[PDB]
Structures are given as C-alpha cells and as structure tokens.
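Data block below; observations after.
Going by the PDB entry, the residues shown for chain A are 28-287, listed in order. Keep in mind that the numbers below use all heavy atoms, side chains included, and drop hydrogens, waters and symmetry copies. Indexing begins at 1, ligand by ligand and atom by atom, following the structure's order. When the header is checked for method, it gives X-ray crystallography, 1.7 Å.
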Amino acid sequence: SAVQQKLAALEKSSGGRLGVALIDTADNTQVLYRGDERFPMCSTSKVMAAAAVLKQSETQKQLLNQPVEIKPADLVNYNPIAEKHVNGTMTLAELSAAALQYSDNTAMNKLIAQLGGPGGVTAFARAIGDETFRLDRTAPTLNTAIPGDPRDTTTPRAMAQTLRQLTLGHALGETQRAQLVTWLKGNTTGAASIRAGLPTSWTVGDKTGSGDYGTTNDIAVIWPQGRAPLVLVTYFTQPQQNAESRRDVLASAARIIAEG
Ligand SMILES: *C(=O)[C@@H](NC(=O)[C@H](N)c1ccccc1)[C@@H]1N[C@@H](C(=O)O)C(C)(C)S1
C-alpha cells in the first residue's frame, strides 16, 4: 500500500523494530505493520490488569472501594503514587488510576495480587478472546524486553482487538467500560507518544510503556470529532540493551496513520 511504505521507511530510519495495528471501526478495516510479530508489552499490560479487576467488580460491587495496605516492602523501582501512601492504604480504584495514569509499578503489582498472580491477568485475556497476550512476571522485571523472549509479550493485532473490546466493545460492563475510558483519557505519560502525532481536535485515551532494549510502546483509542472511533497500537524495540527511549517514533507512526 502507501501507509505501509512510510511505516517501513520510518522503521528503517529509526534503527529498530516497529509494530503498528490500526482498527477503523467504521468498516472494521485494519492497517497492520508487523501486526503478527511479538513485542514486549512493558507497562501497556497494565490496561489488562485494570480491566481484569474491573471485570471482578461486576460481581463484587464494592471492590473498587476496598482498601489495600501499601507497605515499604511493596516498593519497587518506579512508584510515583504508592510512595505517597506507604504505611497507609489505597483503594483498588486509586491503584488502578495510579497504574493507568502514572504507570505506578507498585499499583500494578497490587492489581496482579488481587487477581491471584500474573496467570490471573492472562486468564482474563483468554476469557475475552485474546490467545496472544501472556503475562508471566510482576513489575519491574516484566520490562526486561529481551529479544526473542516470549514472556510478557503480545502482537499489535491482538492488543488492538483487545483494547477495542474493552473500551469500545462489551467485554466489560457499561459502568466498568466507562470507568476505564475515563481512566485512559486522564493518562499523564503519553504527551510525547501517539498524542504528539494526532490532530489536537482528537480526544485520546492511551497507556504508554517502556523498558530495556529501548522499548517504547503506546496503545490508544482515538475519538475524532464527527467520526467513528479508532484503535491504535504502536510498539517499538531496539537492538541495544541500553538504548534510549524513542517516543518520537510512536508520534511519527501515529502521524503517518492519521494522514491516510
Ligand atoms: C512500564 O512500562 C514501566 N516501565 C519500567 O518500570 C522500566 N523499568 C523503566 C524505564 C524507564 C524508567 C524507569 C523505569 C513504567 N511505565 C514507563 C512508561 O510508561 O514510559 C515508565 C518509564 C513511566 S515506568
């Protein structure tokens, strides 16, 4: 096609490996680039953990109000919000918001513990029809992003289809869906990623990720005004273990996608 030529040229100019999946819900048409290759999800897997807790709250009506202790031993590499409530408590709602909007790794580990381990997160993916998503580790070691390692990976095609069913489809309840959409719209980490390549008039809910090997990820659901929504997944990884993050590549991929 044409978008695929520019995405291929962008990837060639970056020195790394790019994965992109677009779903246009108007005709259920898809644009993919390496859409069936595995990529390290890094923190974009937090959307699946928050959605799995939300699915539990459909039965446990007061689940999101349940307090959870934050103890000093719970503290890991990056904890912007849970650092503030050490030796205190946080509800599951505020942990889900910390995980999605600030990418708090302690908050993610509390979501994983609430689901009974990483296998509880993968189980929820399979229950909604995602046979590709696999979460094996807690944070931060899920961000190792080793080339060829299948752990904590997915493909862009599967992630785009899953994010659509969670935020646009009916894989969740209506109250649960709207709460996740509200959370993703309030993300604070994605200004330089997919958001930077889209028209300002567009409202975006997204979750970013990053890890070793210069892994730089972003998944997003886009609402253009007067237009049916879109789902966009951009994954990027590099050959150097110490490589710097390349959020500019995700913006460029999004800009290429938005043009056509
Ligand atoms: C998931 O992607 C998380 N990433 C990490 O914990 C990495 N080990 C890390 C990379 C760089 C600096 C600190 C930790 C969290 N989500 C990232 C993101 O959304 O970009 C993060 C850097 C905010 S941490």
Name the drug or drug candidate found at ligand 1.
ampicillin (open form)
Look up in the PDB entry the name of the chain with the most contacts to ampicillin (open form).
Beta-lactamase
Please report which non-hydrogen protein atom sits nearest to atom 19 (O) of ampicillin (open form), along with the residue it belongs to and the distance in Å to one decimal place.
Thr235 OG1, 2.8 Å
So which heavy atom in the protein is nearest atom 6 (O) of ampicillin (open form), and how far is it from that ligand atom?
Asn132 ND2, 2.9 Å
Of all the non-hydrogen atoms in the protein, which one sits nearest to atom 4 (N) of ampicillin (open form), and at what distance?
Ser237 O, 3.1 Å
Identity and distance of the protein heavy atom lying nearest atom 24 (S) of ampicillin (open form)
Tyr105 CD2, 3.7 Å
Just wondering where the covalent bond from ampicillin (open form) goes, residue and atom, if there is one.
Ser70 OG
For atom 3 (C) of ampicillin (open form), find the nearest protein heavy atom and state the residue, atom name and distance (0.1 Å precision).
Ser70 OG, 2.4 Å
Would you mind checking which non-hydrogen protein atom is closest to atom 8 (N) of ampicillin (open form), with the distance to 0.1 Å?
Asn104 ND2, 3.5 Å
Protein non-hydrogen atoms only, distance under 4.0 Å: does atom 22 (C) of ampicillin (open form) have such a neighbour?
yes
With heavy-atom distances below 4.0 Å as the criterion, list the atoms of ampicillin (open form) near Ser130.
15 (C), 16 (N), 19 (O), 23 (C)
Origin organism of chain A per PDB
Klebsiella pneumoniae
Check whether any heavy atom of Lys73 sits under 4.0 Å from an atom of ampicillin (open form).
yes
Within a distance under 4.0 Å of any heavy atom of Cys69, pick out the atoms of ampicillin (open form) and give their elements.
2 (O)
Which residues in other chains are near ampicillin (open form), meaning a non-hydrogen atom under 4.0 Å away?
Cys69, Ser70, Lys73, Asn104, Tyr105, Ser130, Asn132, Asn170, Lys234, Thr235, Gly236, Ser237
